[PDB]
Asks: 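Here it is, the structure, as structure tokens.
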Amino acid sequence: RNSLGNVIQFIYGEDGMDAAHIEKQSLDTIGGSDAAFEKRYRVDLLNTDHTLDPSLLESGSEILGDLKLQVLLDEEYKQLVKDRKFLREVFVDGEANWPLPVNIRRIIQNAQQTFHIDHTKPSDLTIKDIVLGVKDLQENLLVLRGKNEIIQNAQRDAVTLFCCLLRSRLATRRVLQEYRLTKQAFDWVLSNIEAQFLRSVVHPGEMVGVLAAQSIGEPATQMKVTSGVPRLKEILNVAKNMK
Amino acid sequence: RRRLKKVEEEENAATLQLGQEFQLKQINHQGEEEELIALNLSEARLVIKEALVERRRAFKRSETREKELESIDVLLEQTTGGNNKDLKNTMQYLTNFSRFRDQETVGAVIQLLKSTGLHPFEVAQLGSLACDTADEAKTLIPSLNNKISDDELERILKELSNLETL
Amino acid sequence: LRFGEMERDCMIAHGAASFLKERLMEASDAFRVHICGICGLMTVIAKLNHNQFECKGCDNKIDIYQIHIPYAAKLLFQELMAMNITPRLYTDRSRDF
Amino acid sequence: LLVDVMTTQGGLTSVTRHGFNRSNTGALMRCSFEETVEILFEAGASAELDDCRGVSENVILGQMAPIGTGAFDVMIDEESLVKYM
Amino acid sequence: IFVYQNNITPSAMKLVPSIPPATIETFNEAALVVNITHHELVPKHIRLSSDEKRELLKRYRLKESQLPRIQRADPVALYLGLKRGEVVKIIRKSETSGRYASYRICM
Amino acid sequence: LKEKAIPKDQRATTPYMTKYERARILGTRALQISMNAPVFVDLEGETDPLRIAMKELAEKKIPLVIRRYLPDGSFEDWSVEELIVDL
Amino acid sequence: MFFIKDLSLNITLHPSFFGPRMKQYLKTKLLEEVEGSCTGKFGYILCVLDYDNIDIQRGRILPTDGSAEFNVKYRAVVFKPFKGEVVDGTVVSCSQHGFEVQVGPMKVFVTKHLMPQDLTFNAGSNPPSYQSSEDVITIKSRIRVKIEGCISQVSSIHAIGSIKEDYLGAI
Amino acid sequence: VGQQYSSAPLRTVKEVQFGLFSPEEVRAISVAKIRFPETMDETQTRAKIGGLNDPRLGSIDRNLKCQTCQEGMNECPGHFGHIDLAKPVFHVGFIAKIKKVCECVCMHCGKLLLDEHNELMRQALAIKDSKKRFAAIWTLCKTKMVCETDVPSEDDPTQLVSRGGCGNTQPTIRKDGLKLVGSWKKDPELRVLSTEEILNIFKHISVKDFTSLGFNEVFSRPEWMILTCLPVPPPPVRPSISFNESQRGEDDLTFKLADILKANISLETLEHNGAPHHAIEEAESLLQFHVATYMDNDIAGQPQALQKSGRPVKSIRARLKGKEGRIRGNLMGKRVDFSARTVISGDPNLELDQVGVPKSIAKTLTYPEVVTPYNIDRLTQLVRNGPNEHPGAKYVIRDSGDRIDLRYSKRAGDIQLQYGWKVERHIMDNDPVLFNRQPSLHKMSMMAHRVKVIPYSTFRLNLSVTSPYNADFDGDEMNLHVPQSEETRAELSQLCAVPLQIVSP
Amino acid sequence: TXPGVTXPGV
Amino acid sequence: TXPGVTXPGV
DNA sequence: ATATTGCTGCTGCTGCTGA
RNA sequence: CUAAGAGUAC
DNA sequence: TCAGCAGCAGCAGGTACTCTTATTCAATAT
Ligand SMILES: [Mg+2]
Ligand SMILES: [Zn+2]
Ligand SMILES: [Zn+2]
Ligand SMILES: [Zn+2]
């Protein structure tokens, strides 16, 4: 808001994130082919077309043929397909590298280097544990603390793209096969993701107007169709007639 | 508003112009509004006594006119220190010209005046001045003109005279 | 040294309010002035030696406040008054936000 | 944020004395940009009231602007202070 | 809604505002060849009911004037038939978050 | 002020102390220590008021409260005790 | 007349005084400041009511100063004279120009213009007093007076009253 | 000593209420009436009573106190006077507004031309912004040239309702210089509208009428746009900065006020003695010109009122406007103390957040440290060392306000420090200091460093930190600001520190 | 405009 | 108009 | 003999018969 | 004091 | 129910910082 109290943006940067806490990351669901997508995420316990190696996890020889777990996998993969469709609608060019607050890849590498993942012992995790932990972490990423329908909807809309990133990285197949997290390593990863997200939220009292003005002016000092300072002057001074 | 300079009507009790800060309704410290409770002399004296004895107790945890004067002077010197010549004079005045004695009679007077249902300033004036007759009361307090019936006014002043005990 | 406009803007961007206030007041020019309560003008005769405060024109002696403003601000207000403009300073809100 | 400020009034508001500076945002902070004396005269004639919420108003008055560290009030709690000892 | 070929004579433009609550809106066919709301630059506009506006102002502690403004001549405002005081919710595809919802009050 | 004060049971602000709040709390406490205010923590030989206030904040012995002002004029009172200093 | 009223006072405390007894210090400093005071806004202020628990509120630190400003609210008993009101009092002094009557903490001056014609001043009567053909008003005499004038000073409210009216005088 | 104790309550300004001075308020606040243009009496050694330097307005000499408040030049704000004008004159900043208002209001009966009966006046008056409502009222009522004593009924345009109109023809009003000329359409009659009749017709505007035009009933009525009493600023506003070491040199405002007084006296004498209307009008025009050029000397078209020395007169408006005027040159940005500036050199042996400070600069700049039981010994030692050697103290600020200068204080002997005193001492190592390079285009050009005292004449900084500053070592100069309190020091270290700015937003 | 950037006009 | 803001007209 | 005075940027209205 | 000129780092 | 035209006039100008040089006449009257 400005001095009069008029709303400029209903949430800062349309995400409520401090700019210094943003890093470029890749959305893995938006890219790739359909066959590559299914090979990456689709897991089917009932059939052998997309079954998982029982050596991946301790219960892999016992969960085979389960029904409730298959329901969880079905809803997870349906959510992932929905996320792919949403991201392809959002980004027409298909660009996957975008700035987002929390760097998941470094957290996964830290967990791998900290707990000494041997990559041979069958994983202690259970599929239900992974799915429910990700679902709860989605709910623990709070930007708005209000307790009414308007604020709840705004909060849900403010973290949708980071939630898409989180589902893209912390998928069941990816956790069990590519990264081979253990139980404790997965819990540690969840805790750090939550803490870093809560640490990347913008601080009230920030003078974002002066920051934006300086962050636009300084590159201009560092500086067919007109461009550069004359074009910036033509834009800021809304001129009826331009070159 | 925030008028530069200020014009207001002059204070006049006979006209019932108490003042801008002595209006009928006052906002209490709890956020709601209350009637401006106008204490008569006896009720005000009892309130002063209650406040002083409560202050004495709180500091502790952390009748003939001669002996009442001695009690008020001793408790006053025990409770408060300097800049109390005003308070000393007020307290000796209160014990000198006192109309009622204790809690019972002042409660009876206040409930009677509530039954009269008159202005708090006017009921305080009625309780303060020990009048005798009707027209005498009406001329002592100009605000009494045609507010309560003659029979009711006469009887209530009769119970003021009766409850004027000791 | 001149503490220019854009230096003040950088310090605003940092969020350092108290440092900016100290730069503009305690380091350059801090001046205490007495103002009336009925009117916002600085037309208050304040005899500090005798502990007397009187605003001629409002006929008051009990509703006076003191403020700390830059001397340049006092000069600006006096120049506005000399140019037939009244910059009344009030220390309470007459309107809700 | 820049393009949101420029279009928040329903039209394209330029960054010029004929654009943003013409809003009803406070006489003291409007005069600090350009056309100082004319703004003061118009505020005097129209009897504008300045709420002193802007940065420029408190800068002129030499008082802590309600920005950054000034965006809140620090207060002493008697009960907590007794509670510590 | 009235649709005309070229123009309306001012002698009829003056009587276009009829007895309330009947409102006459005039459109040109040339302006209606292309549906502007299908442009990708144009985000989604949803008119709010009175109760929704009241809830919006209550939850955000806003006054009427503290909302962003949309003119009562904006092409989408004419398209949706906004009257003054009515608030449109604007759903946008943000690039920092997937979805962003703004609000604009008609003026 | 009764209307302005949001009741404690329905505060809707972040439970984390902001950088500006922490900076002002440290500055205020160091200024008070420099002016001979009583210290609520045991000193291990430190003499700098700023680091004394930092030690007080580390173990939450600062008896101050932040009055966070909402844009409409309402406020919420958050004690330094209950604010989580994650930064 | 006597009332009790809601009042508020701003007290500033230095940083060195924020010990565990801060509430006690504030409660004591409300006294000795407004107890037994005299203002034109509220007349006299004799005592504070409800001293058991005085509402002290939080206390805001003045920035760059460190001192804290408390807005303490309380009940105070007050005595405000009013023009056009009748009150009892005790005659304490007399003179050619009039006589002074003690009422509570204040003195009310009744001028010679506001006594009946036969109630002339006389220095022959001891003490020099305002005497009529039926009664004499000397020192230490009860009297009812109707107040008609008030001028306010910081240290002493001054009042002018009258005893000409019917049934006004010695009871 | 600064300013001594005052019993008045201390508050902060919450709201600024603008408006216009009423003549009676000007006469009420004034402490003196100014009637003589001479600043000094015939002896040329005192301030003339009733002149422009009346002692009641404030003292012009340090050795003498103000005659009104009995305070020195340090304390006295200055008190206004007033000049009672012989005839009303226009305010130069309100001539256009006066023209619009008199064009919106009947020039005979003082009522707005189009009442609520007109169709478009409901729309115009329903505008809540005061400035937009006036624009609409003007652009709809400028074209009407009759008071319309009878108007069609609002219910239906069949029967006629008679309002309080006077039925007179309004003129077409233009401005010819500083005067408004009205050409009445022939019932043309061209004549100059006297400010007397304009003032009279403004004073007859009803409260409802001018409150719909944007004016306020209390703070700015339209008739206050006409000047009848000039407020005279005190000598603090217009000081006599005599630099000839003997000859007083007066401010431009003093000369303009003397000219206004001369013209006022001339007009008064001409009116009293009786004269042809031509001379009276000429004197009135001269008075109007002098007042207008006093408030604003940059009037378009008219020639500038040249000063004595032949240069243009600096008016109040010129004093206020500009990059070097009050607002932009003394309030938004001002010169400050406790600052240093010098050439910068690189140092690979300094940490990223360190800055090397020349020893002499460290000896000049000081920090005031409050004496505390925790730092009594080292502060005492610094006081013993004195100001001529580093580290040491330059001043001792006592609680009474007296300031012991450590130079010339060794004669008095050792000083015993008391808790609560201040030692104003040289900046030592590890002091947070703000550090700036003047073409400051973003926040990272004003980061905070830690002091490291070095034995040479250049500021020394790490090579890596030169990129955010955009600073080379080909002769660049940089500035240093020292915080003077614990709060500013703390927030400067906790918000603006160099490491906290490594990643930029 | 201004000057700079008179008025307009004047 | 004026000029500025001839006449009208001329 | 000494002091006073004579390149860049805009803004707005008036008026019908004829054919 | 004002005015003017030569500059230094951007 | 619609086709054709005109008039005018106004200056300053990015942020800090250093240094030097010169500064309005003549005549009348007390
Ligand atoms: Mg360089
Ligand atoms: Zn006043
Ligand atoms: Zn003075
Ligand atoms: Zn008329």
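Order of the sequence lines sets the chain letters (A, B, ...), proteins ahead of strands, with each chain counted from 1. The entry is not shown in full; contacts are counted within the portion that is. Should a residue be non-standard, expect its parent letter or an X in its place, and expect its extra atoms to be absent from the contact counts.
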Asks: What does the PDB call the drug placed at chain J?
Replies: actinomycin D
Asks: What is actinomycin D (chain J) bound to here, taking the chain with most contacts and naming it as the PDB entry does?
Replies: NTS(non-template strand)
Asks: By chain letter, which other chains contact actinomycin D (chain J) with heavy atoms under 4.5 Å?
Replies: K, M
Asks: Give the name the PDB entry uses for DNA chain M.
Replies: TS(template strand)
